[PDB]
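Quick look at a structure containing tetrahydrocannabivarin.
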There are 2 protein chains.
Amino acid sequence: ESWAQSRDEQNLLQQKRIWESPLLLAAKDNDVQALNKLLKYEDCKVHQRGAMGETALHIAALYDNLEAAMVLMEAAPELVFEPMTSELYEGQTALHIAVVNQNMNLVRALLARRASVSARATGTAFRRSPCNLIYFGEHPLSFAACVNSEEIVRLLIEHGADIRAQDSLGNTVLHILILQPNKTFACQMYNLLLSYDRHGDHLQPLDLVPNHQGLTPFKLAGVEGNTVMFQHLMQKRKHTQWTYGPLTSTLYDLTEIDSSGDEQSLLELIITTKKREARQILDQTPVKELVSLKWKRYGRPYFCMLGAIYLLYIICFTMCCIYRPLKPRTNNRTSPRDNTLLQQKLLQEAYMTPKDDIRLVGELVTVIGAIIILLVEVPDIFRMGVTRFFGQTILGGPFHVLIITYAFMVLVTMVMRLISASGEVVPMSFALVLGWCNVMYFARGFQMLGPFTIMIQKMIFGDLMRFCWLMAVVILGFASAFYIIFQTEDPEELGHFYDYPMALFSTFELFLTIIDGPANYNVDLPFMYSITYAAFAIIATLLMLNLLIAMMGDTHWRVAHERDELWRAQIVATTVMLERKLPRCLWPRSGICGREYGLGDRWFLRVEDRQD
Amino acid sequence: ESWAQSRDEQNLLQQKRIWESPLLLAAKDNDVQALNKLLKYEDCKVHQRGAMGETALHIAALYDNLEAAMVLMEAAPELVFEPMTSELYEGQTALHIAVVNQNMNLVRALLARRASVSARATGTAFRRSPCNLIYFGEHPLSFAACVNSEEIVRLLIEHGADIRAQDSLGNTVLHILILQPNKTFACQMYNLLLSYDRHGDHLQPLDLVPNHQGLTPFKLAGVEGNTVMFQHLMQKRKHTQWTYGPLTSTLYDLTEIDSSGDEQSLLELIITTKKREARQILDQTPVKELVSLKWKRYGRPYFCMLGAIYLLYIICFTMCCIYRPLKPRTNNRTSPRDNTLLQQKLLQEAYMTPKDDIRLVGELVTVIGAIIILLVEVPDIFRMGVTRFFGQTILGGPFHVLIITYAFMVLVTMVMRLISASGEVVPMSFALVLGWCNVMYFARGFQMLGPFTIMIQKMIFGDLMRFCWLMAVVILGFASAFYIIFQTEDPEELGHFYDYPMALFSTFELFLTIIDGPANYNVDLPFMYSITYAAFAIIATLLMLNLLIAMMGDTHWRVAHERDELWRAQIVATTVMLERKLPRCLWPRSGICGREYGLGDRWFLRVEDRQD
Ligand SMILES: CCCCCCCC/C=C/CCCCCCCC(=O)O[C@@H](COC(=O)CCCCCCCCCCCCCCC)COP(=O)([O-])OCC[N+](C)(C)C
Ligand SMILES: CCCCCCCC/C=C/CCCCCCCC(=O)O[C@@H](COC(=O)CCCCCCCCCCCCCCC)COP(=O)([O-])OCC[N+](C)(C)C
Ligand SMILES: CCCCCCCC/C=C\CCCCCCCC(=O)O[C@@H](COC(=O)CCCCCCCCCCCCCCC)COP(=O)([O-])OCC[N+](C)(C)C
Ligand SMILES: CCCCCCCC/C=C\CCCCCCCC(=O)O[C@@H](COC(=O)CCCCCCCCCCCCCCC)COP(=O)([O-])OCC[N+](C)(C)C
Ligand SMILES: CCCCCCCC/C=C\CCCCCCCC(=O)O[C@@H](COC(=O)CCCCCCCCCCCCCCC)COP(=O)([O-])OCC[N+](C)(C)C
Ligand SMILES: CCCCCCCC/C=C\CCCCCCCC(=O)O[C@@H](COC(=O)CCCCCCCCCCCCCCC)COP(=O)([O-])OCC[N+](C)(C)C
Ligand SMILES: CC(C)CCC[C@@H](C)[C@H]1CC[C@H]2[C@@H]3CC=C4C[C@@H](OC(=O)CCC(=O)O)CC[C@]4(C)[C@H]3CC[C@]12C
Ligand SMILES: CC(C)CCC[C@@H](C)[C@H]1CC[C@H]2[C@@H]3CC=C4C[C@@H](OC(=O)CCC(=O)O)CC[C@]4(C)[C@H]3CC[C@]12C
Ligand SMILES: CC(C)CCC[C@@H](C)[C@H]1CC[C@H]2[C@@H]3CC=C4C[C@@H](OC(=O)CCC(=O)O)CC[C@]4(C)[C@H]3CC[C@]12C
Ligand SMILES: CC(C)CCC[C@@H](C)[C@H]1CC[C@H]2[C@@H]3CC=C4C[C@@H](OC(=O)CCC(=O)O)CC[C@]4(C)[C@H]3CC[C@]12C
Ligand SMILES: CC(C)CCC[C@@H](C)[C@H]1CC[C@H]2[C@@H]3CC=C4C[C@@H](OC(=O)CCC(=O)O)CC[C@]4(C)[C@H]3CC[C@]12C
Ligand SMILES: CCCc1cc(O)c2c(c1)OC(C)(C)[C@@H]1CCC(C)=C[C@@H]21
Ligand SMILES: CCCc1cc(O)c2c(c1)OC(C)(C)[C@@H]1CCC(C)=C[C@@H]21
Ligand SMILES: CCCc1cc(O)c2c(c1)OC(C)(C)[C@@H]1CCC(C)=C[C@@H]21
Ligand SMILES: CCCc1cc(O)c2c(c1)OC(C)(C)[C@@H]1CCC(C)=C[C@@H]21
Ligand SMILES: [Ca+2]
Ligand SMILES: [Cl-]
C-alpha cells in the first residue's frame with residue numbers, strides 16, 4: 001500500500017536529482033564533451049549519490065551509456081567499487097547493472113578495473129517476492145544467467161566467480177534458473193554452469209546443494225511446477241538398460257521421489273504446496289508409474305479394508321443409538337404444544353436387563369474406537385504443523401476434521417451418559433451424520449463418486465460460500481415480511497409463521513420448494529401475502545437457475561479434466577498418509593533394491609516402454 | 001420511413017434527368033466528341049441542375065470521367081465554384097467528389113482552377129447518423145483523410161486547407177479519423193496530419209481541440225471504443241524512465257483519465273455511454289492499473305464499511321417491525337373467513353411502557369436514516385440529468401431506485417403511524433424486502449455473488465421480461481378454465497378456485513410446482529379437470545425447460561467472459577459514485593503529484609512491467 005507508494009516517490013525523486021545535477025545528467029544522455037568539462041574543472045564531488053544512493057557510474061550503465069562510463073572510470077577509478085546505499089537497491093554496483101543490460105563492451109572494462117564479482121545485491125528490489133517482477137538472485141553471475149548471456153556467464157568465471165555462492169534464501173544459481181518464467185533458455189544455462197563444476201573435490205556437487213528449505217534443484221523443480229526442467233534434470237537419473245527394436249527398458253532412480261523416511265520426499269512436497277502447476281509433475285514418466293504402483297498394489301487393499309472396518313463400526317454406533325435407553329415420561333404435559341412422550345433413562349435402570357448388556361458391548365466397542373481415532377489423528381496435528389501444514393497436506397481431506405469431530409461427540413455422549421445429563425440426542429445426531437457421511441471418503445479406492453466428491457469439495461469454490469449472501473438476504477427479507485403479515489392472524493389455520501425463528505425455517509424450506517406454499521382456502525388470507533409470495537417464488541426460482549448455470553460454466557467451459565488430474569493428486573495424498581501411519585512391515589518399500597545387484601544402495605524403478 | 005423512401009425517389013429522379021438531358025448524359029459516359037458539339041453549338045444552359053442540384057461537373061467527377069470534366073471547365077470556368085443545392089447533398093462541390101473517388105489527375109485541375117478548399121458540405125447525407133453509411137466530415141481534407149489518400153491530403157495543404165476547420169458538431173479532422181471503421185489506415189493519417197501542425201503559435205494544438213461535447217480526440221477514442229487509437233494516442237503521454245534488462249518503468253499522465261473535478265473524466269464517459277466497445281478500454285495498460293488502485297486501496301474499505309453500516313441499520317428497521325404495536329381486536333369476527341385476531345394500536349397506547357421507548361429509539365434511528373438516503377440520492381437526480389443521464393451512469397445499479405423506494409415506504413410508514421392509519425403492513429413489507437435485498441449490492445466488494453448478480457441483472461435481457469407474455473397467457477387460460485370447472489362445485493372440499501383472483505394465484509403456484517396438485521379422492525371431481533390439468537402440467541413443465549435452455553445458450557455459447565469484463569465496469573461505476581459523494585479528505589487523489597518533482601502540475605502514475 002504505502003511501501004509500493006514509497007517506491008514510486010523514490011523513482012521520481014531519482015529522476016529529479018539527475019535533473020538537479022550537471023554530472024548525473026551528462027551520464028544519462030552521454031554528453032562526453034560536456035562531461036570532460038565537469039571532471040576537469042575541479043576535483044568535484046564524484047560521490048554524488050541520488051535518491052537510490054547511486055553514483056554517476058550506475059547511471060551511465062543503467063542507460064547503456066558506454067562512452068560516459070569510461071570517463072568516470074578514467075577520472076576517478078574509485079567508482080567501480082561503489083555500491084548503491086539505499087535500502088531498495090542495496091549493494092548493487094555498476095557491474096550488476098551492465099550484466100543485466102548485456103552491455104558486453106562495458107562489462108569487460110569494469111573487470112579490467114578489477115571490480116568485485118562477489119558483490120551481493122542485498123536490496124529489497126532483488127529479493128524473491130510478488131512485489132518484485134524479477135528474481136535474478138544476489139550475485140553478478142546469477143544476474144548474467146537469468147538474462148541468458150552465455151558470453152558474460154563465461155567471462156565472469158575466468159575472473160573468479162564462485163558458482164557455489166548462495167542467496168539469503170540459500171539458492172545458488174542452479175535453483176534460480178528453475179524459478180524463471182522462460183524455461184527454454186534456462187535448460188541450456190543449466191547445462192553450461194555444471195560444465196564449470198569440473199574439479200573433482202567439491203563435497204556435495206552443485207545440483208545436490210540444498211537451499212535453506214533443504215530443497216535441491218531437482219526437488220525445487222517439482223514444487224514450482226517446472227515440467228520442462230524436471231524432465232531435463234531426470235536424464236541424469238535414467239539408465240537405459242537395453243533396446244530391442246521399438247522397446248526400451250529404462251531404470252529410474254527414485255531416491256528423491258520416494259518416501260525414504262528422513263526428509264519429506266518430492267511426492268510430499270507436491271501435495272503440500274498451494275500451486276497447481278506442481279500437480280502436473282504427477283503425470284511425468286518416473287512418477288506416474290510409481291503412484292500407480294503404491295496404489296494398485298498396496299493402497300487400494302489397505303484403503304478398502306479400513307473403509308469396511310469403519311462401516312462395521314458405524315453400523316455398531318448406529319444400533320447403539322436406535323436401541324438407546326428410553327422410558328415413559330414422569331412429568332405431565334406442560335402445554336398442549338408438548339408432544340414429548342418419552343424421556344431417557346438414568347444409568348441405574350439403563351443397564352438392568354440382558355438386552356441392555358449386548359448394547360453395552362457395542363457402546364464400549366464404540367467409545368474405544370473414538371479414542372483410537374484421537375490417537376492417530378490428534379498426535380499428527382499436535383506434533384506436525386498444527387494448523388498451517390495440516391490443511392496443507394489436505395487436498396480433498398476435510399474428512400480429518402469431521403472424524404475428529406465424530407470422536408469428540410461420541411465422548412460428549414459418554415460423559416452425558418455417565419452424569420445422566422439430558423440432551424444426548426444433540427451429540428448423537430451430529431455423530432450419526434458425521435459418522436456415515438465420512439463413508440463418502442472411503443470410496444475413491446475403486447474410482448467411486450469419490451473422484452466426484454472432488455466436485456462437491458471443489459464446490460467450496462466461490463458460488464457456494466458466496467451464494468449464501470444473496471440467498472440469506474432473500475430469506476431474511478421475505479420471512480420478516482411474511483411474519484408481520486401473519487402477525488395479526490390466527491395461527492391455528494396458517495401457522496408457518498407463528499414466531500420469527502419458524503418464519504426463517506419455513507421461508508428457507510419455501511425457497512427450495514421442500515414444503516408447499518401456505519394456503520387454507522377456508523379463510524380469507526391477507527392480500528399482502530399473495531403479492532409477496534408471488535415475488536418470493538420468482539426470486540427463488542431465478543436464483544436457483546443462475547447457480548445451476550454458475551455451477552456449469554465453472555465446470556464445462558471451465559475445468560472438467562483437471563478433476564481427473566485432481567484424482568491422481570488424492571491418490572497420492574491418501575497413499576502418503578497411509579504410509580506415514582501404517583507400519584513398515586505392512587508397507588514394503590516400492591521399487592527394487594540395488595545392494596544385491598551392484599547398482600549401490602538406491603531404490604530403482606524399471607519402466608518398459610514402446611517408442612512408436 | 002418516408003424520408004428513406006424520399007432519398008430513393010431522388011436517386012432515381014437523379015438518373016432520370018441525366019437521361020432527360022443531352023449534356024448531363026454526355027458527362028456520365030464521357031462522350032467528348034458529342035460534348036464539344038453541344039458546348040460549341042450555343043451558349044447553352046451549362047447551369048442545368050438535376051434532382052440533387054448538380055451541374056455537369058459533379059457528374060463527370062462522380063463517375064470518374066476525367067476527360068468530360070475538363071471540357072466543362074474549359075467551356076465555362078464558373079462550374080468549379082458551383083455547389084449542389086439540394087437539401088441532401090447541400091454545399092458539395094466537384095472538389096469534394098474527386099477527393100472521395102481519389103481521381104488524382106482531376107483534383108489537381110480543380111485546384112488549378114482555384115477551387116475553394118474551404119467549402120462546407122452541409123447536406124444531410126454527410127452528417128453523422130445511422131441513416132448514413134459514411135461520416136467523412138464537412139471539408140475536402142476531411143474527405144481525403146477518411147478515404148486514406150496521403151497524396152491528396154498533402155496536396156490540399158499547399159493550397160491552404162485549414163486543418164483546424166470543424167464540422168457542425170465541432171469535430172475537426174482529428175476526431176473524424178477516430179470515428180471511421182478502418183483503424184489501421186487511420187493511425188497513419190493521425191500522425192501525418194499533426195506533422196502539418198508545425199507553427200508554434202497555435203493556442204490549444206490540434207489534439208487538444210474539443211468538439212461541441214467538450215471531448216478531445218483522446219477522450220473520443222475511449223467513448224467510441226477505438227482501442228487501436230487509444231493506445232496510439234497514449235504514447236504521447238508515456239515517459240519511459242529507466243530500462244534494466246527486461247524491466248521498464250513508464251510514467252503515465254492520467255490528466256484526462258482521472259477525476260480532476262471540473263469536467264467529466266474519461267472513466268466517467270466510458271460508464272455513461274451505451275456502447276460495449278467502450279468498456280474494452282478498461283483493460284488497457286494505464287487504466288486497468290488505476291481502477292485496481294482506487295479500489296484495492298480506497299474503494300473496498302469505503303464500500304465494506306458502508307455495507308456493514310447499512311446492515312446494522314436494516315437489522316434495526318427489522319426489530320422495529322417485529323415488535324410493532326399490536327393489540328387484541330375490538331370488533332367481532334364478521335364472517336367465519338376472518339381469522340384476524342389482532343389489530344394495531346393507536347399512538348396514545350403505542351408508546352406507554354419502557355419496551356415501547358426502546359423501540360422509539362430504533363424507529364427514530366430508522367426514519368432519520370431514510371431522510372439521509374433522500375438527501376444523498378435525490379439531490380443527485382434533481383440536479384443531474386434527472387432520468388436520462390441517471391440510468392446512464394447506472395450499469396448494475398437498480399439499487400438506487402430501490403433504496404429511494406425503501407426510504408419512501410419508511411416515511412409512508414411514519415405518516416400512517418402519526419395519523420393512526422390502518423395498513424402499516426403494506427409499506428413495511430415492501431421496505432423489509434427492498435431493504436434487505438439491497439444488501440445483495442454491498443457484496444461486490446469481495447467478489448461475492450455480486451459479480452454474479454451481474455447475471456440476474458443481465459437477466460433482464462430478452463427471455464425474462466418476455467417469457468412473461470408466454471407464461472401469463474397459459475396462467476390466464478387454464479385458470480379461467482379451472483375456475484369454470486369448479487364454478488359449480490362445493491369449495492369446502494377443493495377450494496383452490498373459489499374466486500377468479502385465487503384461480504390465478506393457485507394456477508401461478510401450480511405452474512411453478514410450489515403447491516400440490518388439487519385432489520380430494522373422497523369426492524368425484526369433474527372429468528374435465530383431469531384432462532385440463534394434465535395439459536397444464538405439460539405446458540408448464542416444457543416452458544420451464546425451454547427457458548433453462550434459453551438462459552443457457554444466452555450464457556455458454558453466448559457470453560460467459562464479458563461478465564468478468566462487466567465486473568470491472570461496476571468497480572468503476574461504484575468507484576466514481578463514491579468519489580463523487582464522499583468528501584476530498586477521505587479520498588486522497590490517486591497517482592503521485594509532479595510539483596515537487598519538476599514534472600509540472602499533473603498527476604502521474606508509475607507502472608513497472610516486464611517485457612518478456
Ligand atoms: C470431550 C470430553 C467431554 C467434553 C465435555 C462433555 C460435556 C458434558 C455436558 C454437556 C451439557 C450440560 C448438561 C446437559 C444440559 C441440560 C440442559 C438442557 O435442557 O439440555 C437440552 C438440550 O441438550 C443439551 O443442552 C445438551 C448439550 C449437548 C453437548 C454440547 C453440544 C455439542 C454440539 C454443539 C454444536 C457443535 C457444532 C458441530 C458441527 C459439526 C436437553 O435436550 P433436548 O433435546 O432439549 O431434550 C431432551 C432430548 N432427548 C430426551 C430426546 C434425549
Ligand atoms: C412520503 C411522505 C408521505 C406520503 C403519503 C403518506 C400516505 C398516508 C396514507 C395512506 C393511505 C390512507 C390511509 C389508510 C387506508 C385505510 C384503508 C384500508 O382499509 O387499508 C387497508 C390496506 O392498507 C392501506 O390501504 C394502506 C396503504 C399503504 C400506503 C400506500 C401504498 C404503498 C405501496 C403501493 C405499491 C407501490 C409499489 C412499490 C413497488 C416496489 C388496511 O390494511 P389491511 O392490510 O387491509 O389490514 C390491516 C393490516 N394490519 C392490521 C396487519 C396492519
Ligand atoms: C452466510 C450465511 C449467513 C447466516 C444465515 C442468515 C439467516 C439465518 C441466520 C440468522 C438469523 C437469526 C434470527 C433469529 C434470532 C433472533 C432472535 C429470535 O429468534 O427471534 C426474536 C426476534 O428477533 C428479531 O426480530 C431479530 C431479527 C433481526 C435480524 C437477524 C439477522 C441479522 C443478520 C445476521 C445474518 C447475516 C446474513 C447474511 C447477509 C447479511 C423473537 O421472536 P419471537 O419469539 O417470534 O418473538 C417476537 C416478539 N413479539 C412476539 C413481541 C412480536
Ligand atoms: C405492483 C405493486 C404492488 C401492488 C399493490 C400494493 C398493495 C395494495 C395497495 C393499496 C392498499 C389497498 C387498497 C385499500 C384497501 C382495500 C381492501 C384491503 O385492504 O384488502 C382486501 C382486498 O384488497 C384489495 O381490494 C386491494 C386493492 C388494491 C389493488 C389490488 C392489489 C393486487 C393487484 C396488483 C398485483 C400486481 C401484479 C399484477 C400482474 C403483473 C381484503 O384483504 P384483507 O387482507 O383480507 O383485508 C382486510 C384485512 N383486515 C381484516 C386485517 C383489516
Ligand atoms: C407480462 C405480465 C402480464 C400481467 C400478468 C397477467 C396475469 C395476471 C394479471 C392480471 C389479471 C387480472 C384479473 C383479475 C382482475 C379482474 C377482476 C377480478 O378480480 O375478478 C372478477 C372477474 O373478472 C373477470 O372475470 C375478468 C378477467 C378477464 C381477464 C383479465 C386479464 C386481461 C389481460 C391483461 C393481462 C395481459 C397478460 C399478458 C398476455 C396477454 C370477479 O371475480 P369473482 O370475485 O370470482 O366474481 C366472479 C363473478 N361471479 C361470482 C358472478 C361468477
Ligand atoms: C383428447 C381430446 C379431449 C377428450 C374428451 C373430451 C371431453 C369428453 C367428451 C364428451 C363429453 C362426455 C361424454 C358424455 C357424458 C359422459 C359422463 C360425464 O359427463 O362424465 C362422467 C365421466 O366422464 C365420461 O365418462 C366421459 C366419456 C368421454 C371419454 C372419456 C374422456 C377421457 C379420455 C380421453 C383422454 C385423452 C388423453 C388420453 C391419452 C393420450 C363423470 O364426470 P363428472 O364430471 O362427475 O360428471 C357428472 C357431473 N355433473 C354432476 C356436474 C353433471
Ligand atoms: C475397540 C475395538 C475392539 C474395535 C473397534 C476398531 C475399529 C472398528 C475402528 C476404531 C479405530 C478406527 C480407525 C481409527 C482412525 C482411522 C484413521 C482414518 O484413516 C485415514 O485417515 C486414512 C486416509 C488418509 O489418511 O488419507 C480413518 C479410518 C481409521 C483407520 C479408523 C477405521 C476404523 C477403526 C479401525
Ligand atoms: C446435527 C447435524 C446433522 C446438523 C447439521 C449438519 C452440520 C453439523 C454440518 C456442519 C459441517 C457439515 C459437513 C461438512 C462436509 C461434509 C463432507 C461431505 O463429504 C465429502 O465431501 C466426502 C467425505 C469426506 O471427504 O470426508 C458430506 C457432507 C459433510 C459430511 C457435511 C455434513 C453436515 C455437517 C456435519
Ligand atoms: C440516524 C443516525 C444516528 C443513524 C443512522 C445512520 C446509518 C446507519 C445509515 C443512514 C444513512 C445511510 C446511508 C445513506 C445513503 C447511502 C448511499 C448509498 O450508497 C451508494 O450509493 C454507494 C454505491 C454507489 O454509489 O454505487 C447506499 C448506502 C448509504 C451510504 C447509506 C448507508 C447507511 C446509512 C449511513
Ligand atoms: C411487498 C413486496 C415484497 C411485494 C413483492 C416485491 C415487489 C414490490 C418487487 C418490485 C421490484 C422488485 C425488486 C426488483 C429488483 C431487485 C434487485 C435484485 O437484487 C439485485 O439485483 C442486486 C441488488 C441491487 O443491485 O440493488 C433482488 C430482487 C429485487 C430487490 C426485487 C425484489 C422484489 C421487488 C421489490
Ligand atoms: C412473472 C411472469 C413470468 C408470469 C406472470 C405472473 C404474475 C405477474 C401474476 C400471475 C397471476 C397474478 C396474481 C393473481 C391474483 C392475485 C390475488 C390478489 O389478491 C386478491 O385478489 C385478494 C383476494 C383473493 O386472493 O381472493 C393479489 C395479486 C395476485 C397475487 C396476482 C399477483 C401477480 C400474479 C402472480
Ligand atoms: C427478478 C424480479 C423479481 C420480481 C419483480 C416484480 O416486480 C414482481 C415479481 C418478481 O413477480 C410478480 C410479477 C409475480 C410480482 C407481482 C407483484 C409485485 C408487487 C411485483 C411483481
Ligand atoms: C422479472 C419478472 C418476470 C419473470 C420472468 C421469468 O422468466 C421468471 C419469473 C418472472 O418468475 C417465474 C418464477 C414465474 C418464472 C418461472 C420459469 C423460470 C425458470 C423463470 C421465471
Ligand atoms: C406441447 C403440447 C401440449 C399437450 C397437447 C396435448 O394434445 C395433450 C397434452 C399436452 O398432454 C396430454 C397428452 C396429457 C393431454 C391429454 C388430454 C388432452 C385433451 C390433450 C393431451
Ligand atoms: C406433446 C405431448 C408429449 C409430451 C412430451 C414430453 O417430452 C413431455 C410432455 C409431453 O409432458 C410431460 C410434462 C409429461 C413430460 C415430462 C418430462 C419432460 C421434461 C418433458 C415432458
Ligand atoms: Ca407437496
Ligand atoms: Cl442443465
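Each chain gets a letter, A, B and so on, in the order its sequence line appears, and its residues count up from 1. If you're wondering, the header gives electron microscopy, 2.8 Å. Just follow the structure's listing: the first ligand is 1, and inside any ligand the first atom is 1. Contacts here are counted within a displayed part of the entry, not across the full deposit.
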> Counting duplicates, which parts of the structure are tetrahydrocannabivarin?
Replying inline: ligands 12, 13, 14 and 15
> Within the structure, which other chains come under 4.0 Å from tetrahydrocannabivarin (ligand 13) at some heavy atom?
Replying inline: A, B
> Which residues of the other chains approach tetrahydrocannabivarin (ligand 13) to under 4.0 Å (heavy-atom distance)?
Replying inline: A:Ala537, A:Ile538, A:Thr541, A:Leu542, A:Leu545, B:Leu464, B:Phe467, B:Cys468, B:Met471, B:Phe508, B:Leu512, B:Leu547
>> Tell me the protein heavy atom at minimum distance from atom 18 (C) of tetrahydrocannabivarin (ligand 13), and give that distance in Å.
In response: B:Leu547 CD2, 3.3 Å
> For tetrahydrocannabivarin (ligand 13), which atoms sit closer than 4.0 Å to a heavy atom of B:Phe508?
Replying inline: 14 (C)
> Can you tell me the protein heavy atom closest to atom 14 (C) of tetrahydrocannabivarin (ligand 13) and the distance?
Replying inline: B:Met471 CE, 3.2 Å
> Which protein heavy atom lies closest to atom 21 (C) of tetrahydrocannabivarin (ligand 13), and at what distance to 0.1 Å?
Replying inline: A:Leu542 CD2, 3.9 Å
>> Return the closest protein heavy atom for atom 16 (C) of tetrahydrocannabivarin (ligand 13) as residue, atom name and distance.
In response: B:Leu512 CD2, 3.4 Å
> Which UniProt TM segments of chain B, numbered from the N terminus, carry a heavy atom closer than 4.0 Å to tetrahydrocannabivarin (ligand 13)?
Replying inline: 5, 6
> If you count the atoms of tetrahydrocannabivarin (ligand 13) from 1 in the order shown, which ones are under 4.0 Å from a heavy atom of A:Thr541?
Replying inline: 13 (C)
>> So, going by heavy atoms and a 4.0 Å cut-off, which residues UniProt tags as Ca(2+)-binding in chain B does tetrahydrocannabivarin (ligand 13) reach?
In response: none
> What residue and heavy atom of the protein are closest to atom 10 (C) of tetrahydrocannabivarin (ligand 13), and at what distance?
Replying inline: A:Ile538 CG2, 3.5 Å
> In terms of residue, atom name and distance, what is the protein heavy atom nearest to atom 19 (C) of tetrahydrocannabivarin (ligand 13)?
Replying inline: A:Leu545 CD1, 3.2 Å
> Which protein non-hydrogen atom lies closest to atom 6 (C) of tetrahydrocannabivarin (ligand 13), naming both residue and atom, and how far is it?
Replying inline: B:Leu464 CG, 3.9 Å
> Tell me: protein heavy atom nearest atom 17 (C) of tetrahydrocannabivarin (ligand 13), and distance?
Replying inline: B:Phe467 CE2, 3.8 Å
